[PDB]
Engineer: 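Model shown: Penicillin-binding protein + ceftobiprole (bound form).
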Amino acid sequence: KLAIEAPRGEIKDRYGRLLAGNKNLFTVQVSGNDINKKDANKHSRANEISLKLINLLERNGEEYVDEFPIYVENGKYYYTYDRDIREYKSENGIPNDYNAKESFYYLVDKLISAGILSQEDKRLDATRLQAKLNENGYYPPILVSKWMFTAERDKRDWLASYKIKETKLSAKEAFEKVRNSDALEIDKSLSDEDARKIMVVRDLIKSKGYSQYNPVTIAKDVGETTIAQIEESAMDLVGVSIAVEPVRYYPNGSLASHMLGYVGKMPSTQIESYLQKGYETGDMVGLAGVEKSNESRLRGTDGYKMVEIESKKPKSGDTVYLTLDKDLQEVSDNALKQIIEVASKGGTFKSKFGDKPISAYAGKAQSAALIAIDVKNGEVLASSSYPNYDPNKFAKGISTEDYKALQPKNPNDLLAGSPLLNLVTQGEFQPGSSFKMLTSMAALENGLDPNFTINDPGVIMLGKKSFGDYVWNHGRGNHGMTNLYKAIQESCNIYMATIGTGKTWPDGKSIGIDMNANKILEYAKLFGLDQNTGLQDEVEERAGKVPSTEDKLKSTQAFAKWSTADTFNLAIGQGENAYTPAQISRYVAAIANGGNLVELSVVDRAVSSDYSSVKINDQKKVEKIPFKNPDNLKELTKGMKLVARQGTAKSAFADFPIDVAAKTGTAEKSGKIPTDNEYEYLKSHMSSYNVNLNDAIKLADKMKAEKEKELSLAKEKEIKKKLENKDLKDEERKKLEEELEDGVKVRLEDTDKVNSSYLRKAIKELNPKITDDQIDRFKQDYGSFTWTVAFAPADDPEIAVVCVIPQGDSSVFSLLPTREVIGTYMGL
Ligand SMILES: *C(=O)[C@@H](NC(=O)/C(=N/O)c1nsc(N)n1)[C@@H]1NC(C(=O)O)=C(CC2=CCN([C@@H]3CCNC3)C2=O)CS1
Ligand SMILES: [Zn+2]
């Protein structure tokens, strides 16, 4: 009884346009039984056919399967296992010296700094943490049980075959012991160059099947020349034949890359998982997006063949329809490619609705994210991340150059350089001035009269720390006489400060409406901003659960009131808590749809072989936000309409056919993006700081030793005070006593963090004038972004659009995408 693999199902748009599909290639297959067949001859024709075959392909310039885990880089023998380990570490700036356990938790500490995982995620069973990494699209090739790398277990087990119980480490030596193993029996009168072409084919065939099975593939795509060449020379090359094997293709390439996902090799760290699930070794599996989400559905139903006699025919995978409109997704992808392009070296944003001039460097931004949802039912109509990818690079499965060289980037700033990262579900950001409608919604529900106005000072002093409108921080801060509508309209932080705190702050604290942070954070929770969006079981979503009330207490003690200055920040978007575009989308959508919390969906329907369908996304929860008076939202949209026509977004929308509600979020630079190596950065610019390098190293090294001496002593003094405890168990004391004899040598960590902390210290001593800014002068700018959130047509809404350009500074950058995606939707 032999398994047949079903044709993989198709992924289509809401209207039936193909996004993921199949296409047939011509493959070379070798039957390991037939080539190793022996009878009267002393030796199998296996080795000769392997050589013949290859030499044929290398003549036709044809790419072949090479998984043989010893390669020669310019006459030097090396393990591929050994190479993949260090390639992984350098992939995300991990120190080579770092072991399996410290290489894993290092990846964790990065993603935790990037907001993808939380601090409570680290204090967590390591398999549940590998699950969280795995769920977000991270696959560290690390077995958490024995704290070792797959490549090592894989090397030991690969050497175990050919009965090499030697374990003596030598790539040059190992190459031989296998070459003349009882199992291979390769003739010695052949050079290790042509003798290695042999092993590629034999070692492959050996690995895939131990129990007799069906053929193995040695070329996945081969041209007309090498087809007819291998049919006519069939009797010469017994075992070698031409089959057809289907492959994954995405005709629109990079379109909806992140929602769609990719198929590729089964991830090394759970091959046993997939083999008990009934998978072959030579098998492609969805590893991201809907491809993985619906792996079981799209994989279809295996049909056996008897052991030719064809018994049970397979059943093709249900066709899965997304909620994405291709037409709109196209505009959304093209939009964001364009803003990043035109923003670099300057240009014009070309728009159906009026092209705009743009000059360079106002952002210096590499990334972008945008989402568009149906506000009634939470169906996602378009979802674009930049950087993105071609799912096709993976169909065949390149796993060295295209994968390594371009699929990650600088690991000390991954949000702006991870093409596999869906910034829309997985990238959290400080919501800027788009939070304001949450603050205003809280104030309204706690009595606020929208028409109440203030003579805007444009700045609030709180002991020579000044919280001011941007219009103040750049001149005289005044929005003159200012009610809620003008506050939302021109984005007055002073108005929001006053309503968020429930008191008139420049002149004491009174107001008479009773509003605090807890009430704002309440209205955060009500708009589902501490909640997963609905996409998490369909695509990669960063979990949105925010720290609990009792979980925040327990880390404080091992107070809980809100400062005025903090409340001020929280009111206007600045805050501990950061949120993803898809999260905001639900929040703005709730304004647009009259106070309903829609659960987002990307998978619409599946359609079986018998052309019947089912609606996957009709379980989705719509839920009446428990507002005191939902008519309060109509004052938000009254505000957000003025933003479009007269406000912060008139540049884009003022001369736009459709009534658009909108709010802009924008934040300026606040520091610098760290390097992958501080220490070397400081060495590279030692001259530029007017400091001798040798001297600075010799001093930094001195300053360290002096901190150690200091730590060492204060250690000795603690052990000795501890030893004066009258009643101390003898084992306890035998430990402390044995430290003082051989130990009392405290050492610093030897990190980039530590060794570079001390070098910067040495620099400032030998240049007593230089500033941190001047030292950090060469680094990229951190802490800037622009949000545009909008919904339309404002007076009877249908669609919400959220757009973010991180490291961007001009709200033009976010507005114009939003404006295209809304324009397109309404059929203009
Ligand atoms: C809302 O987002 C408000 N922003 C801020 O308070 C911040 N200033 O730094 C902030 N919040 S969180 C963080 N890290 N920083 C006000 N609204 C906005 C808006 O809605 O657009 C304005 C900013 C403004 C517009 C144009 N800007 C750049 C300089 C001029 N050309 C580009 C710009 O910063 C006012 S702040
Ligand atoms: Zn103001």
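In this chain, residues are counted from 1 in sequence order. Technique stated in the header: X-ray crystallography, 3.0 Å. Just follow the structure's listing: the first ligand is 1, and inside any ligand the first atom is 1.
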Engineer: Which components of the model belong to ceftobiprole (bound form)?
Structural biologist: ligand 1
Engineer: Where, taxonomically, does chain A originate according to the PDB?
Structural biologist: Clostridioides difficile (strain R20291)
Engineer: Which chain residue and atom does the covalent tether of ceftobiprole (bound form) reach, if any?
Structural biologist: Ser433 OG
Engineer: In this structure, which residues build the binding site of ceftobiprole (bound form) when a heavy-atom cut-off of 4.0 Å is applied?
Structural biologist: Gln430, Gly432, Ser433, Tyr470, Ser491, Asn493, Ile572, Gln574, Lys663, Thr664, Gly665, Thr666, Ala667, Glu668, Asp809
